[PDB]
Amino acid sequence: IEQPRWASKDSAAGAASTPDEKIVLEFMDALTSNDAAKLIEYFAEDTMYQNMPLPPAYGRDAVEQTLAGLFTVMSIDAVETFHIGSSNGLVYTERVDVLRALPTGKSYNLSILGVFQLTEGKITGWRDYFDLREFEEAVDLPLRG
Amino acid sequence: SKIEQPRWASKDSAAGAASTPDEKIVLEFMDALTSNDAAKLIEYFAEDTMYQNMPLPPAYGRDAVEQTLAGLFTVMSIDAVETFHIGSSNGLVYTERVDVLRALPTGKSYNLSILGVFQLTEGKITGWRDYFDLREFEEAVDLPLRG
Ligand SMILES: CCCC(CCC)C(N)=O
Ligand SMILES: CCCC(CCC)C(N)=O
């Protein structure tokens, strides 16, 4: 993971400054588990998850099944969060996820900006924004196609 | 070019309104985007600045930024911007929105979901990065911007 020119070099960049930000960075560390059953414990029952290029999942079961599917085709090898911030119940993370496509063995560093809504320390929404095509082309996996 | 309020919209009012001076300028800037006017819009930027639509290469410096905006407004109109969520920490403002984009060659429109980040220094933009999926827009409006 190379540090972007535009990324803060400040010691507190990417560091949690509130309880919700702390939970979100714990969740980022947990992504490299590639384990949907572990991850789903961060979510509220009334919840949703969406990789924005693709349809959303609503409710905890749909979220879990979506993560389990994703982890059947790819591994999150590494996550680095350059920037984190929050206001009014929403946490934002500017990061890179290093993804490896299991069918092809090829990896790509995916640039993501994501938003997390937490209610009493549980995730009520998680939406990640990124370009899907560039990932698909890098790793020869037509996730949507 | 109606924008639908998402099922996932925050029910906290402060989440949808500018709560700091920097957030207020960002929302003024979002209002201005419908001008389709790169010369007007560039006044929001510092001389030392950068802009990137994340599917595409970054522009560094105010002139490169202006030239990029001018090119974009040659091929598309931003017909509307709605910002559902705005917040900030550590000198960065984040906006979750939909921009309604219309391709000038084809007359076709698309509602593009975007999450963007802004860095402001003394009220001027020093960085702006918008994250979104480019392919869905290109296919919707028949404009292979990247291809
Ligand atoms: C389960 C993780 C999904 C990926 C992006 C999918 C293309 C990510 N957030 O790194
Ligand atoms: C000039 C504005 C660029 C567009 C997206 C380009 C594909 C936007 N921010 O709505």
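Chains get letters A, B, ... in whatever order the sequence lines come in. We number chain A the way the PDB entry does; in order, the residues shown are 5-149. Residue numbering for chain B follows the PDB entry; the residues present correspond to positions 3-149, in that order. Side-chain atoms are counted along with the backbone in the values below, which use heavy atoms only and exclude waters and symmetry mates. For this deposited structure, the header notes the method as X-ray crystallography, 1.8 Å. When a ligand or atom number is given, it counts from 1 through the structure's own listing order.
In the deposited model, most contacts to ligand 1 involve the chain that UniProt calls Limonene-1,2-epoxide hydrolase. At ligand 1 one finds the drug valpromide. Under a 4.0 Å heavy-atom cut-off, the other chains found next to valpromide (ligand 1) are A. Between A:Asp101 and valpromide (ligand 1), at least one pair of N/O atoms sits closer than 3.5 Å. In terms of protein heavy-atom proximity, atom 4 (C) of valpromide (ligand 1) is nearest to A:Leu103 CD1, 4.0 Å.
In this structure, of A:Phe139, A:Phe134, A:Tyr53, the residue bringing a heavy atom nearest to atom 3 (C) of valpromide (ligand 1) is A:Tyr53.
When A:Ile80, A:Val100, A:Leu145 are checked for heavy-atom proximity to atom 2 (C) of valpromide (ligand 1), A:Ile80 turns out nearest. Residue A:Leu147 approaches valpromide (ligand 1) through these ligand atoms, each under 4.0 Å from one of its heavy atoms: 7 (C). Atom numbering of valpromide (ligand 1) starts at 1 in the shown order; those under 4.0 Å from a heavy atom of A:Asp132 are 9 (N). Per-residue contacts place A:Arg99 under 4.0 angstrom from the following atoms of valpromide (ligand 1) (heavy atoms of the residue considered): 9 (N).
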Give every pair made of an N or O atom of valpromide (ligand 1) and a protein N or O atom lying under 3.5 Å apart, one pair per line with both atom names and the distance to 0.1 Å, or write 'none'.
from, atom 1, to, atom 2, distance (Å)
valpromide (ligand 1), 9 (N), A:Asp101, OD2, 3.1
valpromide (ligand 1), 9 (N), A:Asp132, OD2, 3.3
valpromide (ligand 1), 10 (O), A:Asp101, OD2, 2.5

